Asks: 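My questions all concern the structure below.
The chain called A is the first sequence line; B is the second; the pattern continues. Sequence positions for chain A are given in the PDB entry numbering; the residues included correspond to 76-182, in order. All residue numbers given for chain B refer to the PDB entry; the residues shown span 76-183 in order. All ligand and atom numbering here is 1-based and tracks the order in the structure. Just so you know, these numbers use all the heavy atoms, side chains as well, and skip hydrogens, waters and symmetry mates.
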Amino acid sequence: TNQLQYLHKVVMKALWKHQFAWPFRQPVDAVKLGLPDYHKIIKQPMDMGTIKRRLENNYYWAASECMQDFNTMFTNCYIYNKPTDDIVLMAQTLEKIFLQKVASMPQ
Amino acid sequence: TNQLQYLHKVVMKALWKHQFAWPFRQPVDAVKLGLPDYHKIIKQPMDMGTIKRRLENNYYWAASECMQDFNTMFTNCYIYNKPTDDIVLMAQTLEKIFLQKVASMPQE
Ligand SMILES: CCS(=O)(=O)Nc1ccc(Oc2ccc(F)cc2F)c(-c2cn(C)c(=O)c3[nH]ccc23)c1
Ligand SMILES: CCS(=O)(=O)Nc1ccc(Oc2ccc(F)cc2F)c(-c2cn(C)c(=O)c3[nH]ccc23)c1
């Protein structure tokens, strides 16, 4: 539907290109980053890559579904990371833009 | 606006009465909770009590403004607390509702 298309073509597109998007565009690599607790704390990993793919394979049945995955991705980052780490700020920024654009979503 | 009238009447009506709302209805009280570092970590405390009041006094110029306060209240909670605290789960459960509701907000 129109909403999933807006989330694809408008919202995801804007976040994807953002100067802070690079760490979010594929799943967290726990080994490559030296985060061996990661999968013990974050039991539902999400990333914009997985979300984009799902938006391409028509995985979602409603907008809120897709919205939830955005939220888990952010929530996850805020839960695992220290408050002082830049990655947290990076998510706050992206998260704010997601909300901004969701207000302008159709229906 | 249409959008803000949706947040007050649909969104906040549903969140304010939820069995998990209670820790969120008024500002985090660092003294009462024995959290001396709370204000050192969270710089923009937010709560539904504040948001409801703002909805009631038409403080917000646009819908998205309100949404960011709801966001900050949640983000605050996730950043301050331990991953395993119940308070997180409670925030998580309100936030799902918030987001589900926000998907059905009009557009003007
Ligand atoms: C495709 C992602 S990747 O995994 O393949 N690469 C990758 C690269 C850098 C990353 O973060 C950094 C950011 C800014 C710096 F200055 C240094 C960093 F290391 C993260 C990262 C992501 N996320 C969600 C976190 O929560 C998190 N916590 C700790 C690291 C991370 C992931
Ligand atoms: C109404 C504001 S209040 O401050 O006056 N009362 C109050 C009472 C209980 C609370 O949490 C609990 C919930 C359920 C339990 F079983 C035990 C708890 F402690 C919190 C609370 C809120 N928030 C946002 C937090 O981030 C947080 N972190 C640590 C506590 C909290 C605030």
Asks: How do PDB records name the drug found at ligand 1?
Replies: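 At ligand 1, it's mivebresib.
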Asks: Would you let me know which chain has the most contact with mivebresib (ligand 1), using the name from the PDB entry?
Replies: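 It is bound most extensively to Bromodomain-containing protein 2.
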Asks: Mind listing the other chains that have a heavy atom within less than 4.0 Å of mivebresib (ligand 1)?
Replies: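 By heavy atom, the other chains are A.
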Asks: Show the binding site of mivebresib (ligand 1) at 4.0 Å, heavy-atom contacts only.
Replies: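 The heavy-atom cut-off picks out A:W97, A:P98, A:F99, A:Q101, A:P102, A:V103, A:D104, A:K107, A:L108, A:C152, A:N156, A:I162.
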Asks: Quick one: does atom 2 (C) of mivebresib (ligand 1) have a protein heavy atom under 4.0 Å from it?
Replies: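 Given the 4.0 Å limit, the answer for atom 2 (C) of mivebresib (ligand 1) is yes, a protein heavy atom qualifies.
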Asks: Does the protein put any heavy atom within less than 4.0 Å of atom 22 (C) of mivebresib (ligand 1)?
Replies: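 Yes, at least one protein heavy atom sits under 4.0 Å from atom 22 (C) of mivebresib (ligand 1).
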Asks: Which UniProt domain of chain A dominates the contacts with mivebresib (ligand 1)?
Replies: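 Most of them lie in the UniProt domain Bromo 1.
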Asks: To which protein heavy atom is atom 18 (C) of mivebresib (ligand 1) closest, and what is the distance rounded to 0.1 Å?
Replies: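 In this structure, atom 18 (C) of mivebresib (ligand 1) has A:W97 CH2, 4.7 Å as its nearest protein heavy atom.
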Asks: What atoms of mivebresib (ligand 1) come closer than 4.0 angstrom to any heavy atom of A:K107?
Replies: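 Numbered from 1, mivebresib (ligand 1) contributes 5 (O).
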Asks: Give me the UniProt-annotated protein-binding residues in chain A that sit with a heavy atom under 4.0 Å from mivebresib (ligand 1).
Replies: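 UniProt binders with a heavy atom in range: A:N156.
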Asks: Check the entry and name the source organism of chain A.
Replies: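 In the entry, the organism is Homo sapiens.
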